[PDB]
Number of protein chains: 2
Amino acid sequence: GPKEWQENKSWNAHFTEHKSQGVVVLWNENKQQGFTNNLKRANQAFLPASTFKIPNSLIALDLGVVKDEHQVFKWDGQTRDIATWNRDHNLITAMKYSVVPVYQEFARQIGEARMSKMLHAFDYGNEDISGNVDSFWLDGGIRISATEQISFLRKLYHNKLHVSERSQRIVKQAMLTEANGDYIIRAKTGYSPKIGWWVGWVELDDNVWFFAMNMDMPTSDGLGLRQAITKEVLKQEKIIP
Amino acid sequence: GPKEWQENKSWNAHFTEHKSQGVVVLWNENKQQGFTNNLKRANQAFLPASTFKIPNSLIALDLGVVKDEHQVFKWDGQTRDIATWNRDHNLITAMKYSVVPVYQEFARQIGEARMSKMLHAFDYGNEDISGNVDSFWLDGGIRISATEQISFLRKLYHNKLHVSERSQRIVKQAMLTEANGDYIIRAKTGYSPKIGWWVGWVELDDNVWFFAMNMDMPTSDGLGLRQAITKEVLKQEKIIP
Ligand SMILES: *C(=O)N1C[C@H](NOS(=O)(=O)O)CC[C@H]1C(N)=O
Ligand SMILES: *C(=O)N1C[C@H](NOS(=O)(=O)O)CC[C@H]1C(N)=O
Ligand SMILES: [Cl-]
């Protein structure tokens, strides 16, 4: 019989081009088949870092901590290193600019008990929120693999997570990254010390390709390699032009 | 003091450059003010043509004629002149490829009584469905002006139409045309005998600009001028780069 999961090591060339190492995992929804350059690393669990703003957003919306995608979270007046964080935001722009202080406030309002219960309900990674309620996804005990990211994203795509359909549609809107006549990408980046992520999916006319990539990220320089390397894989596989 | 609507006739140069005539209407949501090159034509009511697939989609979803954006409507097997129509479609691809026969099926299932009631609820144009329920927006009596399109789109953007929030969110998803780090465009084209349309909005980080344009279209050549002329106005006004 055909293989649910196949390894394509030729994608390693896209990492080697940049003196980097990592994994891209692709899932072809119509075929129900997955593809990766590194089967072992595809299943190793890492801190989710800013990719956690996907479940954090869902939980905040479903609990009413965030009323809708237009509600304004005012800047607290603390001048931070990332200039785009030093302004008022809504859910859309907080996702777009990956505004940590806004999501820390969401997490504090959610609280430890509800956050833990909701990650259990989501089957999210190791479901472990050990650490600070407002930083465990950056320096605490939570861990998720690339294949687990795809599983979670597939549930989100199909409105199957244990939150309202409305919360799922709002977050999928907030994940919008790029759209043209050839494809739509909904995705979220992340970076914790050691590891950069890009997770999401590519919508085509007649199929959807889910993706989850992580790579060794010693420096914030080359954060753009997350999208660049993934797009080289997508181009090689003729998913995007 | 300032007016709700201001005329900017310098935009006429974008029509003149293409030996064409028409109107662009913009609405700045933050400032609650509108701008147009021709206030008279901005209020002239025309057949909506394929821009009707916005309200038609909303009504079909809210009545359950269309269950969700993934439900497939199979090709009826009749080979029509637009090749992309000769295939199966869902709501997303039917709006992208402007598949009239799919929307005619929606309209027949909606039926005349519910169609008329819903367009009245929407305050949509002249609300006149006289003719056939599956062609009145192509060759019947319904008429809508560019400013009426703006009013309708503003209600849709704010989830204020008399249909479920869910139906409104799905249609706004289906309207997605272009997205990048600078802007998102949700919009729909149309073409009836001698008139081309483009209506929708441009989402920015801290504002939304609604737009409705129409132009004289004596031949099918120059349909791309609908977006091209609109984008020249958007660029002149520094809404997009
Ligand atoms: C999340 O991983 N973070 C917040 C912010 N996002 O940048 S990224 O999404 O482009 O990775 C900066 C990196 C990281 C953090 N340092 O908290
Ligand atoms: C809608 O106005 N129509 C359907 C189709 N779409 O073309 S457009 O959306 O690019 O204007 C062809 C034109 C028109 C029609 N002939 O019914
Ligand atoms: Cl969207």
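Chain identifiers are assigned alphabetically from A in the order in which the sequence lines are presented. Just so it is clear, chain A uses the PDB entry numbers, and the residues here are 21-261, in order. What you see of chain B is 21-261, where the numbers are those given in the PDB entry. Worth knowing before you read on, the calculation uses all heavy atoms, side chains too, and leaves out hydrogens, waters and symmetry mates. For ligands, and for the atoms within them, numbers begin at 1 and follow the listed sequence.
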Problem set entry | ligand 2: drug name | avibactam (bound form)
For this session: Write down the name, per the PDB entry, of the macromolecule bound to avibactam (bound form, ligand 2) with the most contacts.
Result: Beta-lactamase
Exercise. Taking 4.0 Å as the heavy-atom contact limit, which other chains touch avibactam (bound form, ligand 2)?
Worked result: B
For this session: List the closest protein heavy-atom neighbour of atom 14 (C) of avibactam (bound form, ligand 2): residue, atom name, distance to the nearest 0.1 Å.
Result: B:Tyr211 O, 3.3 Å
Exercise. Which chain residue and atom does the covalent tether of avibactam (bound form, ligand 2) reach, if any?
Worked result: B:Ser70 OG
For this session: Specify the protein heavy atom at minimum distance from atom 2 (O) of avibactam (bound form, ligand 2): its residue, its atom name, and the distance to 0.1 Å.
Result: B:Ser70 OG, 2.2 Å
For this session: Using distance alone, determine whether B:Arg246 and avibactam (bound form, ligand 2) share an N or O pair under 3.5 Å.
Result: yes
For this session: Return the residue, atom name and 0.1 Å-rounded distance of the protein heavy atom closest to atom 12 (C) of avibactam (bound form, ligand 2).
Result: B:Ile102 CD1, 4.0 Å
Problem set entry | Enumerated avibactam (bound form, ligand 2) atoms positioned under 4.0 Å from heavy atoms of B:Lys208 | 9 (O)
For this session: Give the numbers and elements of all avibactam (bound form, ligand 2) atoms closer than 4.0 Å to a heavy atom of B:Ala69.
Result: 2 (O)
Exercise. Counting each atom of avibactam (bound form, ligand 2) from 1 as listed, which ones have a heavy atom of B:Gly210 under 4.0 Å away?
Worked result: 2 (O), 11 (O)
Exercise. Would you say B:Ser212 has any N or O atom under 3.5 Å from an N or O of avibactam (bound form, ligand 2), going by distance alone?
Worked result: no
Exercise. Which bit of B:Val120 is near avibactam (bound form, ligand 2), meaning a heavy atom under 4.0 Å away: side chain, backbone, both or neither?
Worked result: side chain
Exercise. Any N or O on B:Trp105 sitting closer than 3.5 Å to an N or O of avibactam (bound form, ligand 2)?
Worked result: no
Exercise. Is there any N or O on B:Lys73 that sits under 3.5 Å from an N or O of avibactam (bound form, ligand 2)?
Worked result: no
Problem set entry | Nearest neighbour in protein (non-hydrogen) for atom 8 (S) of avibactam (bound form, ligand 2) | B:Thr209 OG1, 3.3 Å
For this session: Find all residues with any heavy atom less than 4.0 Å from an atom of avibactam (bound form, ligand 2).
Result: B:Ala69, B:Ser70, B:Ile102, B:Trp105, B:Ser118, B:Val120, B:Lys208, B:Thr209, B:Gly210, B:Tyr211, B:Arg246
Put together the list of close N/O pairs, under 3.5 Å, between avibactam (bound form, ligand 2) and the protein, could you?
| from | atom 1 | to | atom 2 | distance (Å) |
| --- | --- | --- | --- | --- |
| avibactam (bound form, ligand 2) | 2 (O) | B:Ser70 | N | 2.8 |
| avibactam (bound form, ligand 2) | 2 (O) | B:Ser70 | OG | 2.2 |
| avibactam (bound form, ligand 2) | 2 (O) | B:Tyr211 | N | 2.8 |
| avibactam (bound form, ligand 2) | 2 (O) | B:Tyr211 | O | 3.2 |
| avibactam (bound form, ligand 2) | 3 (N) | B:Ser70 | OG | 2.3 |
| avibactam (bound form, ligand 2) | 6 (N) | B:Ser118 | OG | 3.0 |
| avibactam (bound form, ligand 2) | 9 (O) | B:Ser118 | OG | 3.3 |
| avibactam (bound form, ligand 2) | 9 (O) | B:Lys208 | NZ | 3.3 |
| avibactam (bound form, ligand 2) | 9 (O) | B:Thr209 | OG1 | 2.6 |
| avibactam (bound form, ligand 2) | 10 (O) | B:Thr209 | OG1 | 3.3 |
| avibactam (bound form, ligand 2) | 10 (O) | B:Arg246 | NH2 | 3.1 |
| avibactam (bound form, ligand 2) | 11 (O) | B:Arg246 | NH1 | 2.6 |

